[PDB]
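A short write-up of the structure that comes next.
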Number of protein chains: 2
Amino acid sequence: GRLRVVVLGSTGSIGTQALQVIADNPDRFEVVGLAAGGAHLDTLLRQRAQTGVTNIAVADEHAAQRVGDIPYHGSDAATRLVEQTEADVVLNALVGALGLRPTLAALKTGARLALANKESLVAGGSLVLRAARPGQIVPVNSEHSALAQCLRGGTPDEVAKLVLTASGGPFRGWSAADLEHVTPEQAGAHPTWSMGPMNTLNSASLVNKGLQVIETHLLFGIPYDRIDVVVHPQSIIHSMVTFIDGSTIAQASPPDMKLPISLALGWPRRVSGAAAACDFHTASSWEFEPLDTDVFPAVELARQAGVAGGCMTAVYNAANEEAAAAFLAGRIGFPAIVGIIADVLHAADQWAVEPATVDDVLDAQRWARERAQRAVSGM
Amino acid sequence: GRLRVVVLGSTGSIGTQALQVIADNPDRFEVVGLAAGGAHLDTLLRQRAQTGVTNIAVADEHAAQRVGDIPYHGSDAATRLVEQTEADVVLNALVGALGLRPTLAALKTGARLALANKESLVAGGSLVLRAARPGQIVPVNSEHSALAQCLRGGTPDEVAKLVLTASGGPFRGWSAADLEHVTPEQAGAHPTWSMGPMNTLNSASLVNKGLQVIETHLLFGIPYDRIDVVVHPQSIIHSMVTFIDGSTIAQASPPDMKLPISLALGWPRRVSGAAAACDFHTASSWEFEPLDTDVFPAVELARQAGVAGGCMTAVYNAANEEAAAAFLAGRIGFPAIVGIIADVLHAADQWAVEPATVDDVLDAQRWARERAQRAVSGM
Ligand SMILES: NC(=O)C1=CN([C@@H]2O[C@H](COP(=O)(O)OP(=O)(O)OC[C@H]3O[C@@H](n4cnc5c(N)ncnc54)[C@H](OP(=O)(O)O)[C@@H]3O)[C@@H](O)[C@H]2O)C=CC1
Ligand SMILES: NC(=O)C1=CN([C@@H]2O[C@H](COP(=O)(O)OP(=O)(O)OC[C@H]3O[C@@H](n4cnc5c(N)ncnc54)[C@H](OP(=O)(O)O)[C@@H]3O)[C@@H](O)[C@H]2O)C=CC1
Ligand SMILES: O=CN(O)CCCP(=O)(O)O
């Protein structure tokens, strides 16, 4: 009846909007657990008071101490919260490949995994897939939500292509020469979406879209050569499916995460009033343009990593995390992010083996981070 | 397997395109019956020669006099062929009120009815709906085909709005003052070989859209106040569904009637290669803008007629036929088309009774034509 929801990363952008959806719909949903890093205790304490949930995980030990009487604390806290909390839905909105163990714990419980943490699927790969029932993983991001809705337009044998839309980021249309001068402040403001700091930078570099191409292949089982990316600056069309007869089915809404969040939580059932619809009483246009793959090769790199398979997507992601951190610190330039990913991937021969265990995945990421640092040291 | 198809109106635009789809897909379809009026008897006779189908109907006895071996000829030849031919699908691409009895007969056989004939729903209304079983009628029109596909995005209970797109016609954005000066020639009237002069006019006047709104209500059971029209000059998006959560699902394809025809024939199964898909390698935009209902009141009039019910929509359509032909003959100006429809409808409340027979519908149309004629002449 009422779905019991554990919210991991409750204090971030996705987590807060998820709590708002749940608060607006006490008929459909109830929060039963919260996990956070500890960097925003004000927010977390506010959430504790508002939801009445004391079943809480805090990653940072000093922060958990500061609060007092937090039942789960330390780096395995989110995972143990998931293992020990009875739930129908686990919303994983943690950031980074650190969401991997909670993702795997969630799947092992049999709960629906409402997945915002793309990195756990990208890194985990077949390891995560083997742990899931069909339909157990339900994507929270707007692109995959769109695709899931659009796929209802036909049978699986009728699918020709999945078309992912990308905003193009703040630097859409820029030359490679132009990109050399980009600052962390210039890359820090998204034209259409309000997200956390990592998702915002990844949108500017197109790595977000590369990761989403990987997730698409893993979630929906479609070959990489049938996953297209088109640039759509308005971010109103969220993605499309083209069928074998020539028909395309597209999903559209004004950008608002509460829509895909609500659908992921309540899948298959839509949540009335979750978000504003497109308003056709006023003029608008939906524009499409090809991605410039020469200036922005991150999606092509993602495909190459995805095709190689095994632990190579974990390498792609881990290489990004390192180079991105070096960009935000002011150590390397903007175009060095995707350049280092490329350098790491093409040295990553050994990592095409399929992971048997989390340890295999961790091993690949450890290597990639080290190799990424070596690439940074060289510039 | 292979669907047995009867094609009614086989010498028209829809009928000949359907026959192409069928000739291109002998695995999926076989023609088992052909029906035409007799004005293009030669084409019908070529179709018999080409397809090998001898099960043919000709409405015009005079035309039938030319041949000597037509199994069905005279008034109701098409109805009789339907009654006596074993089929899985009847494509009704007949034009005008004479499509109505064949529709009723096709429904009675239990075959799927791929419906192009506008009068069957616009005029026949509750007579047709009471005869049809759920899902029996599959629309051929590109807008209705789009809606049927988009309705796959949720349950019936999840539908908020149906949004039909309209090109806006040749006078899109024109003021009322502009519209005073409209000539027949400008209203897309040419001696075009594949198009009735009324269809281009009905598009220009926005009456075509009004008729599509009525058919939408009847096909999908959505109230008139939840059926919207948006102007979309590119005609790439063929229509859209907005769901209760705020999500909109849209169907997009480059204009080509073989797409909706193939799907109507094969429903629910798509036909591979029916039409070209949208191509995103080249930049494009899809524009939307509201219709000025004050300059173009034809759609609101249609809703008024539809809400009234009974035979009121037959009156709407019949009043248009008279007024539109009167404009084309230079007996009235362009703005007076919808003006006369309004006047006839305001006088027409006796026709809000539900029709018991086809004759009730024909009487409504007779009255509406006579009423419109008086309006045109000043008598
Ligand atoms: N934002 C969006 O709209 C979109 C999000 N995504 C995905 O959603 C995920 C998160 O998005 P977003 O909420 O914006 O990111 P945020 O940075 O805004 O939120 C990150 C959350 O994770 C928590 N966290 C950080 N480190 C740890 C840790 N070591 N242990 C436990 N919890 C931790 C933070 O708590 P705290 O900071 O208080 O310590 C915070 O609540 C990402 O993986 C991203 O790819 C996908 C599509 C779009
Ligand atoms: N054309 C389009 O793309 C669209 C069509 N529509 C609707 O779909 C319907 C069909 O489209 P379309 O094929 O172009 O129309 P057409 O006029 O091009 O073809 C009409 C068909 O009806 C036949 N016919 C006429 N009278 C009789 C009769 N008494 N008995 C049996 N058959 C008869 C004609 O035979 P003959 O030629 O010998 O007279 C012809 O084969 C139309 O009514 C239209 O309103 C809706 C949207 C777009
Ligand atoms: O759900 C929302 N997103 O994933 C936004 C992604 C932004 P991008 O299209 O620029 O990567």
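A note on names: the letters A, B, ... follow the listed sequences, proteins ahead of strands, and every chain is numbered from 1. When a ligand or atom number is given, it counts from 1 through the structure's own listing order.
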(message) So, counting contacts under 4.5 Å, which chain has the most with ligand 3? Name it the way UniProt does.
(response) 1-deoxy-D-xylulose 5-phosphate reductoisomerase
(message) Can you tell me what they call the drug at ligand 3?
(response) fosmidomycin
(message) Looking at fosmidomycin (ligand 3), which other chains have a heavy atom under 4.0 Å from it, would you say?
(response) A
(request) May I ask you to list the atoms of fosmidomycin (ligand 3) that are less than 4.0 angstrom from any heavy atom of A:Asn208? (result) 6 (C), 7 (C), 8 (P), 11 (O)
(request) Please work out whether any backbone atom (N, CA, C, O) or any side-chain heavy atom from C-beta onward of A:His238 is under 4.0 Å from fosmidomycin (ligand 3), and answer side chain, backbone, both or neither. (result) neither
(request) Just jot down the fosmidomycin (ligand 3) atoms closer than 4.0 angstrom to any heavy atom of A:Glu143, in number order. (result) 1 (O), 2 (C), 3 (N), 4 (O), 5 (C), 6 (C), 9 (O)
(request) Look at atom 9 (O) of fosmidomycin (ligand 3) and say which protein heavy atom is nearest, naming residue and atom and giving the distance to 0.1 Å. (result) A:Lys209 NZ, 2.8 Å
(request) Find all residues with any heavy atom less than 4.0 Å from an atom of fosmidomycin (ligand 3). (result) A:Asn141, A:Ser142, A:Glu143, A:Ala166, A:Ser167, A:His190, A:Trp193, A:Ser203, A:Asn208, A:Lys209, A:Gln212, A:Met257
